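Below, a PDB structure including darunavir.
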2 protein chains.
Amino acid sequence: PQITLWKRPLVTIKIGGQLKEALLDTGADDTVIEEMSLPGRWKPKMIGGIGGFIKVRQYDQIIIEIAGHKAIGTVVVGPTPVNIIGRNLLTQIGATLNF
Amino acid sequence: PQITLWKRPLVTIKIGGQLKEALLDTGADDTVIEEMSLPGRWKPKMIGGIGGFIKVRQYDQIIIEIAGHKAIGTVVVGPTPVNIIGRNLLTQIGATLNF
Ligand SMILES: CC(C)CN(C[C@@H](O)[C@H](Cc1ccccc1)NC(=O)O[C@H]1CO[C@H]2OCC[C@H]21)S(=O)(=O)c1ccc(N)cc1
Ligand SMILES: [Cl-]
Ligand SMILES: [Cl-]
Ligand code: NA
């Protein structure tokens with residue numbers, strides 16, 4: 001699809017068996033999801049943005065279905081205000097910015 | 001152009017006659033620029049990001065070139081880690097997300 005940007009580019013994702021709404025975010029290096037359980041090992045990390053840093057749990061090799069497209073990569077979990085699909089997974093679904 | 005997302009989508013902007021680097025950010029509602037001087041009056045605004053909120057100075061109808069494309073709109077100034085071009089100006093330059 002071609003998504004215009006008059007409004008937030010929100011899509012449905014499936015992660016860890018759960019459907020969630022997430023923002024397609026070219027400004028995010030990493031994919032950041034609100035608190036949930038995910039399987040496997042994790043390690044703590046800090047990520048920073050406007051307003052400062054939050055502590056997250058980093059899970060590797062997580063599969064997410066993004067608007068019907070599967071992708072695998074690292075997902076960090078923590079007290080983000082919005083679920084964010086960052087560049088590490090946007091690349092995997094072939095997303096580009098065009099103008 | 002068509003911008004892939006393997007690297008941060010950084011572009012050159014021109015604002016007040018000065019060139020700056022900025023991130024094309026579909027996850028940003030608003031365009032947020034590091035401290036600089038802009039003409040006219042400003043209004044207060046709070047923006048909420050990943051680590052909480054910040055106060056910014058909102059300037060309207062600012063002339064800004066983005067990757068060679070002319071925009072005139074709202075720019076807010078404050079302590080952002082990087083200059084971000086948000087959807088308010090991405091729409092003016094005709095940007096879409098495509099996959
Ligand atoms: C500021 C950017 C360099 C990075 N951010 C992604 C960005 O798109 C966030 C993504 C975002 C979106 C909503 C809430 C929090 C974070 N947007 C944002 O802060 O936008 C602010 C300016 O416009 C306003 O509209 C949206 C919030 C305001 S970030 O959320 O801080 C971020 C930082 C590091 C990682 N790894 C992943 C995400
Ligand atoms: Cl990854
Ligand atoms: Cl590619
Ligand atoms: Na893992």
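Lettering of chains follows the sequences in order, A, B, ..., and the numbering in each one begins at 1. Every number for a ligand or one of its atoms is a count from 1 in the order of the listing. Method of determination (from the header): X-ray crystallography, 1.5 Å.
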### Query
Is it possible to name all ligands or chains that make up darunavir, including repeats?
ligand 1
### Query
Which chain contacts darunavir the most here, in the terms used by the PDB entry?
Protease
### Task
Using a heavy-atom cut-off of 4.0 Å, enumerate the other chains touching darunavir.
A, B
### Message
Checking a contact table here: which protein heavy atom is nearest atom 32 (C) of darunavir, and how many Å away?
### Response
B:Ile50 CD1, 3.7 Å
### Task
Heavy-atom contacts with A:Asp30 under 4.0 Å: which atoms of darunavir show up? List them by number with element.
35 (C), 36 (N), 37 (C)
### Message
Help me out: which organism is listed for chain B in the entry?
### Response
Human immunodeficiency virus 1
#### Entry: Contact atoms of darunavir, heavy-atom distance to A:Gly48 under 4.0 Å
31 (O), 33 (C), 34 (C)
### Enumerated darunavir atoms positioned under 4.0 Å from heavy atoms of A:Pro81
14 (C), 15 (C)
### Query
Which atoms of darunavir have any heavy atom of A:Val32 under 4.0 Å away?
37 (C)
### Task
Considering the heavy atoms of B:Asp25, write down every atom of darunavir situated less than 4.0 Å from one of them.
2 (C), 7 (C), 8 (O)
### Message
Could you identify the single nearest non-hydrogen protein atom to atom 25 (O) of darunavir and state the distance to 0.1 Å?
### Response
B:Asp29 N, 3.0 Å
### Query
Relative to the heavy atoms of B:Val82, which atoms of darunavir are at a distance of less than 4.0 Å?
3 (C)
#### Entry: For B:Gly49, atoms of darunavir separated by under 4.0 Å from a heavy atom
15 (C), 19 (O)
### Message
With respect to B:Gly27, determine whether any N or O atom, backbone or side chain, lies less than 3.5 Å from an N or O atom of darunavir.
### Response
yes
### Message
Taking 4.0 angstrom as the limit and counting only heavy atoms of A:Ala28, give me the atoms of darunavir inside it, by number and element.
### Response
37 (C), 38 (C)
Just the distances, no angles: every darunavir N or O to protein N or O pair closer than 3.5 Å, one line each.
| unit_1 | atom_1 | unit_2 | atom_2 | d |
| --- | --- | --- | --- | --- |
| darunavir | 8 (O) | A:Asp25 | OD1 | 2.7 |
| darunavir | 8 (O) | A:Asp25 | OD2 | 2.6 |
| darunavir | 8 (O) | B:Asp25 | OD1 | 2.7 |
| darunavir | 8 (O) | B:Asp25 | OD2 | 3.2 |
| darunavir | 17 (N) | B:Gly27 | O | 3.2 |
| darunavir | 23 (O) | B:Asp29 | N | 3.2 |
| darunavir | 23 (O) | B:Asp30 | N | 3.3 |
| darunavir | 25 (O) | B:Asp29 | N | 3.0 |
| darunavir | 25 (O) | B:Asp29 | OD2 | 3.2 |
| darunavir | 36 (N) | A:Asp30 | OD2 | 2.5 |

